[PDB]
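Lab note: Beta-lactamase, imipenem (open form) bound.
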Amino acid sequence: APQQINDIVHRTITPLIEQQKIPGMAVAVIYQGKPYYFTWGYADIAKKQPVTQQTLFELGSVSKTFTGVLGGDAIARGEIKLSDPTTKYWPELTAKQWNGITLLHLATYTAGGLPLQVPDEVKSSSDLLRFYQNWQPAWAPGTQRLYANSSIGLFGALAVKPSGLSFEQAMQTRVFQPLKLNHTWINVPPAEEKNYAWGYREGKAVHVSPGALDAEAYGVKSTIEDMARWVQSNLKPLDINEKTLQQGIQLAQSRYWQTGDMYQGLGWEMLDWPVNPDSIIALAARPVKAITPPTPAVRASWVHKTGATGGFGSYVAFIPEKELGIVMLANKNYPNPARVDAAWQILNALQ
Ligand SMILES: *C(=O)[C@H]([C@@H](C)O)[C@H]1CC(SCCNC=N)=C(C(=O)O)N1
């Protein structure tokens, strides 16, 4: 832990924890390709359990990066094509609004207005089909971006259909295991419960609730160590031995659409580096310009993903061209601006 990294990290995170009243936090900085860990506070306030490098945190929306890479891997395997109509994988989706909506639109939130959340009412596979059949797009496909769990969630569920594997089995065997993310789970096993941090919302300990397509959109839990490893894998995909996976990682970081200064990948979001911090709301509908054809992963990019659950807030960002990256996991959902400002403060300093 070079003193410079210790210094920038502690000087940035200590005040953050104090201002945001965060009970527990873990950070990993990947510098010149190697990880450095830092931990503060509590994983469980009541039982006085501290945050350690083995504490599991709910990644919330950061889970989408895993879904995007798993989708990229299925593409790489030839199991699906992003240009394929959604109906090719869900024939029961006969409603006419689906004509022209492809797996690319689902993966990138450009299907035409799918909702941020699947309604809680949807439980069964039957209610889900009914939800998508009855959904009425406000816009034609590929014209506007509206971040949506019901959009990338459907993408994740359909991308694994050809494999015959459940989404969780596919994720475990095709992404977690090959990358040695041995403490990353969609469902936390009883043996690992001792390490599962509690999230805190209004001072109350809470864990994420089950919901339709939760695994695919916001259901992964992981340790600061596994997330540092996930960041290393995304920083340098070429070191990954599994060909299809190496490929999927690259596909998830290609630039499919542009909205202002940001580009939409599969899961990951990117901005050209260098980026102004200030340049990095329940619903923000934004027109998008298609990148035809998609730009392959650009090394000079700030690649990132923010995510939260009712009780946790997380952020991951990295710059391929600098072999630099960071992961910040907390068991309190605090403002996104504060997460990005802290990450930029640290990475700019190490830049
Ligand atoms: C990630 O996808 C999640 C969710 C839609 O599954 C979003 C939710 C939030 S915070 C929304 C309002 N909550 C207030 N306590 C975030 C975020 O990272 O800010 N991600």
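Heads up, chain A uses the PDB entry numbers, so what you see runs 4-283, 291-361. Every number for a ligand or one of its atoms is a count from 1 in the order of the listing.
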Query raised in the report: Which residues are in the binding site of imipenem (open form), using 4.0 Å as the heavy-atom cut-off?
Result: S64, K67, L119, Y150, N152, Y221, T316, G317, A318, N343, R349
**Report entry** Heavy atom of protein inside 4.0 Å of atom 1 (C) of imipenem (open form), strictly below
**Finding:** yes
Requested in this report: Could you tell me whether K67 and imipenem (open form) have an N or O pair separated by under 3.5 Å?
Outcome: yes
Requested in this report: Please identify which atoms of imipenem (open form) are closer than 4.0 Å to at least one heavy atom of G317.
Outcome: 18 (O)
Requested in this report: Look up the covalent bond partner of imipenem (open form) and give residue and atom, or none.
Outcome: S64 OG
Query raised in the report: Would one find an N or O of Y150, backbone or side chain, under 3.5 Å from an N or O of imipenem (open form)?
Result: yes
Report task. Taking only heavy atoms of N343 into account, list the atoms of imipenem (open form) that are under 4.0 Å away from them. Result -> 10 (S), 13 (N), 14 (C), 15 (N)
Report task. Show which atoms of imipenem (open form) fall inside a sub-4.0 Å distance from at least one heavy-atom site of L119. Result -> 5 (C)
Query raised in the report: In chain A, which UniProt active-site residue has a heavy atom closest to any heavy atom of imipenem (open form), and what is that minimum distance to 1 Å?
Result: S64, 1 Å
Requested in this report: State which residues of chain A, listed by UniProt as binding beta-lactam, have a non-hydrogen atom closer than 4.0 Å to imipenem (open form).
Outcome: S64, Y150, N152, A318, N343
Requested in this report: Report, in ascending order of atom number, the atoms of imipenem (open form) lying under 4.0 Å from any heavy atom of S64.
Outcome: 1 (C), 2 (O), 3 (C), 4 (C), 6 (O), 7 (C), 20 (N)
Requested in this report: Check the entry and give the organism for chain A.
Outcome: Escherichia coli
